[PDB]
Chemist: 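Shown below is the structure under consideration.
Within every chain, numbering begins at 1; the chains are lettered A, B, ... in the order of the sequence lines, protein sequences first and strands thereafter. What you see here is only part of the deposit, and the contact count is restricted to that part. Note that ligands are numbered from 1 as they come in the structure, with each ligand's atoms numbered from 1 the same way. Just the heavy atoms: all of them, side chains too, but no hydrogens, waters or symmetry mates, feed the values below.
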Amino acid sequence: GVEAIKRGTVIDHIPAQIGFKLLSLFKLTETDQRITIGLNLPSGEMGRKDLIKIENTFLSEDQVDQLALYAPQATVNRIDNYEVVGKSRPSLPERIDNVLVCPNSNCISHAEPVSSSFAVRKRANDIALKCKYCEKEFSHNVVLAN
Amino acid sequence: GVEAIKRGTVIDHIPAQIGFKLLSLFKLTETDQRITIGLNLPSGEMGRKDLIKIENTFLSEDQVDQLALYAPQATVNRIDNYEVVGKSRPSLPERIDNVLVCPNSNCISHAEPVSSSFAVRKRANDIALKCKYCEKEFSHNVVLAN
Amino acid sequence: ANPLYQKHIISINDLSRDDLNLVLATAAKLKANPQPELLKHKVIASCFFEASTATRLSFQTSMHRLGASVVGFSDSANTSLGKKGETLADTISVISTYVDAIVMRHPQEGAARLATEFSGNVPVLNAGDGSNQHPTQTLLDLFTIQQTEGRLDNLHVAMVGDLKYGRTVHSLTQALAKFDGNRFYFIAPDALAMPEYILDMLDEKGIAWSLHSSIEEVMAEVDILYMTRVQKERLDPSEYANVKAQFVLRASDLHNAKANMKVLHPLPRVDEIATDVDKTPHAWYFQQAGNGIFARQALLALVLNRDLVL
Amino acid sequence: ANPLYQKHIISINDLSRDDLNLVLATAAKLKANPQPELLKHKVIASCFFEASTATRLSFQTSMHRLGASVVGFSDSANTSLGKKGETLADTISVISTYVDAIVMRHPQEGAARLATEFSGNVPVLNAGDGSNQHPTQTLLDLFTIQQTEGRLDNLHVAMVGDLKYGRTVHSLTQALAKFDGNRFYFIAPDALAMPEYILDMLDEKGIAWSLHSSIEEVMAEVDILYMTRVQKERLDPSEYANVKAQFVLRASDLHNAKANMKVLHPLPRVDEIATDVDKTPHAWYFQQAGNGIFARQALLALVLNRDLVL
Amino acid sequence: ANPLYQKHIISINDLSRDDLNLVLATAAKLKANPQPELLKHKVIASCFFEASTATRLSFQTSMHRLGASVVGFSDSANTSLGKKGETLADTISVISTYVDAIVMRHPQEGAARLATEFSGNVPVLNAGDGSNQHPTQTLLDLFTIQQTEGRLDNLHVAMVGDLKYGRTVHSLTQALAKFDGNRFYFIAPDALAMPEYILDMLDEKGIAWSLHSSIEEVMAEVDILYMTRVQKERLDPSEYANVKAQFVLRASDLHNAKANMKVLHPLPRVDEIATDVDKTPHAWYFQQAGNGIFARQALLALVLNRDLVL
Ligand SMILES: O=C(O)C[C@H](NC(=O)CP(=O)(O)O)C(=O)O
Ligand SMILES: O=C(O)C[C@H](NC(=O)CP(=O)(O)O)C(=O)O
Ligand SMILES: O=C(O)C[C@H](NC(=O)CP(=O)(O)O)C(=O)O
Ligand SMILES: [Zn+2]
Ligand SMILES: [Zn+2]
């Protein structure tokens, strides 16, 4: 596509203006081998599409379903020998630990040395996240706002 | 190498791990156009380069010069309908308005609505940066926030 | 081993209908036949990082009626957390090497859950964390409702006041949704309404609830009228319009209440219950406070004793 | 139009040897024979957002000794910036529609420089901006030096005290590095030493400067001993070790001082210049303070009158 | 004697369409050609018991631009009322024996009205009394409106922000209701809405006013968009929900504004007028601030000089 690799992952169908967020959010910059980023690529059905290619790397257990919460229709293509060895589409997990910040000012998660952790319920219109410590439940819009 | 382009700019020869910094710092990604970034891709000349093809956007001299504090030897290139019109290069820019933040905590620039501004001088070895307001002079490395 | 032995009582949410029923059955037994030695030689820490009179003194009287020992604080201004920057994680890590259970009240929501990550083998019992939960308030209110109503199912329960910051009603509603057929009436000013996650749960469960702008609307319908106090200390400045009680209960308004109906309140009360109510047969809030001794004795008895023969 | 006519006076860094010499010549002219109506019908703002006895009152006496009217404030607490959140930018935008020139002292470095961005054609005269510059201090310091040494070129000047935060030695070191063959001796604690950017500037201009650990080791070769006071208002907690004066001058140390050498101090002094020095021939700081009237009068005359005091 | 000669100027409610028109005509006369000695030998008191940058400094520049002398204070903390318990009544009684007229701003509503009870023949000019009136603000607001619209009759004027405590919109709404055929649009949060007594007055005079929930729904028909700032100093705790600006104007909203329409603001502004509006053609608040000098100069001229600036 816009580049090829012997082995690596290719995250395609990334929504626009989110592509650049993933290089920071997964720190795909602490790397030595090549990355190909194509931004605002046409995708006839979804117009704007960003796409990332990482040579020699495959996304870990975390990032794949953490990607579910960030680019719900992205398609992760595992490649080896230039063959699409696996294709994946992320599922929403039961929980997301470490990466999200509790919106509640008075949650102890903000003062003490502990990893944040939220439960993921896929609540009719949107994902609701319940914080493991203060027990409040929030719209994912709120929890992963920018 | 990497993906084709008709009209625009292609910033080649960016030193490794700096291509990212530049996408962010001068906001180059906040566009509705197609950018292709090749991170960590083999150069030869100085081992490994990083590089950005920004399609249908052209830089002024003034923008291009601002890159000299990061990528001094970068090679800007404008291609009007595929052929290379002008291959340019950064010269350090005399002033760097708006991009950096004064590390003096008591500088007035932090409270009021004015844009930041620094005078740039090759200070003998490092590039020194004097804030136009508090007049304190700083090495370019510290001004690039810690 | 009984189901509650060595459990952390952090949230009503983690308890089932039978854990709850086990506590009430035990509280009833110890209310009738006392056990002065049940916890002879256990030392229990009472750590109150936020103001309390009744929760702290009912808890340490319960410990003393069962032969236990108490060490602790009611004011974190003099701990090394207060003056030297000890984290709550290192505070709990150290205190768990000394004692057999930790009773804790703290101002940030989430504090007792955090304590359990550092606690080791020591059970942590939540005397209130910010505006989240107050589990031991619900075991004394459920013992009181059972005492007066002889039923914890099919009741008409009205909850009045600051329902957004009230940890007592967040825990009580979650517990009464475990029994069958309870009808809830929530009367609160908009700003201080029931948080949506409690409502979502009532709905997902098929429980009936409704909102009302007065108490008169529901006075003849209710079995329990649960009054709460505006949590001034938890309010945001934008909520300061809501500091004064919006719904005040006076003896006159008890005009056509069912005879069995009781007025419960976790206390302290400010202006929401006039003192003439105190002299009516409906006022049950100081008998309720008294029941804290049996509900808390029960919980301490069950968390630290494998099998209990009562 | 004379060279300084309507220029902003913000930093010594923007004035030439000639601009300084002009001010000085006009100071001597107006000291010799007055001009009471030179600025008749002008109204000048006195905007002191930071403490001042001498700079504000010598500036306002100069405005009054030339016929101008003064409006202003000495304290920001009752300005709309103090109580209402007005920005310094909107403050200068409104005051620029009223007065003929703006004198302002402010606690942040950079404050007079941004007033100019918003002041229109109204000149901004910097009465001290945080720890950056103080250009009118240097104009009276230079007038007093010229007046007691005859020259401004080929001097030995020692600067003692807090040179990191001393805005007076920032401007003055930059003014004397404009004349030829001046030698610099700097006596400060390491934590309050001269900022790199002034030493660099001394170096590319080829000026000879040196660090010294005592006043005594340079007492015999200096012509100007310019003493400063630790800027305690500006110190960080880290630096609180340096609140007391390390180098304190007593009259005995002057017993081998060059007979022309004078002791200057911008003032206030706290313990660094003992009061017995006050009675000795080398003491010139109150004379120095008085010369503020003539340099400030000259400066206002040049920035606001087209012509040139003959 | 001209009509305003020695009148107290306390509320717009006591001045006629003619009294306002007079002030305005004199403002244009004195803006066109100055009068430096019109108030020579008068001494005017500047008594600011509440914060001020613009009203105090534009008033004192006007007094100075007409030859008068100023005496006063900007802060009450070091007055004998501040430290000794002097009453405002005895304060005005003593100051009336010294000065030719008294300008005073004060935090209580009614303060300038009672100064007149104790000021003898010395006129009292109200520079703002609590949340009641601010008559000289309206005189420069009207001069700026007349100056940018040509008329004061038949305007569309929207007033946005805190209208409950905005003393500026109290006076200004009452001044424009003196001219014919002006339409009013009021955009405020319900808690900071126009006081009943001004709406009544609009109604018996048959004036058309309407409430609107956005600037955008009236942006195309307004000629004057007069923005105000929430009077946070004056808010009750109840009202603290309204401290942030609900209606914030950014330059994009002006992209369908009538080409003559100007944006006025008494100032200080905090978040309600974004700084990008500052560069657009509709922005007229700093021009407006400048016109304070001409209306205040005209007012002093009329109250203190018998004659009439020709
Ligand atoms: O304070 C309240 O209103 C209810 C409740 N009160 C109690 O538990 C009684 P005390 O604060 O005396 O321990 C609480 O949630 O803290
Ligand atoms: O304060 C000092 O030490 C030096 C200097 N002092 C003065 O200008 C005298 P004043 O603060 O009374 O106006 C200053 O920078 O403010
Ligand atoms: O403060 C305001 O918002 C409006 C108005 N502002 C002014 O008059 C400007 P100042 O308070 O600087 O004199 C006032 O009523 O005081
Ligand atoms: Zn949380
Ligand atoms: Zn700066």
Chemist: Which partner chain accounts for the most atom contacts with ligand 3, named as in the PDB entry?
Modeler: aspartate carbamoyltransferase, catalytic chain
Chemist: What drug shows up at ligand 3?
Modeler: N-phosphonacetyl-L-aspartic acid
Chemist: Provide the letters of the other chains having heavy-atom distances to N-phosphonacetyl-L-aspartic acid (ligand 3) under 4.0 Å.
Modeler: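 Other chains, by heavy atom: D, E.
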Chemist: Which residues make up the contact shell of N-phosphonacetyl-L-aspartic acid (ligand 3) at 4.0 Å, heavy atoms only?
Modeler: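 Counting heavy atoms, the site comprises D/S80, D/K84, E/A51, E/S52, E/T53, E/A54, E/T55, E/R105, E/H134, E/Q137, E/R167, E/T168, E/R229, E/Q231, E/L267, E/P268.
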Chemist: Which other ligands or ions lie close to N-phosphonacetyl-L-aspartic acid (ligand 3), meaning under 4.0 Å away?
Modeler: none
Chemist: Tell me which UniProt L-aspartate-binding residues of chain E have a non-hydrogen atom under 4.0 Å from N-phosphonacetyl-L-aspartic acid (ligand 3).
Modeler: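 Going by heavy atoms, UniProt's L-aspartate binders that qualify: E/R167, E/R229.
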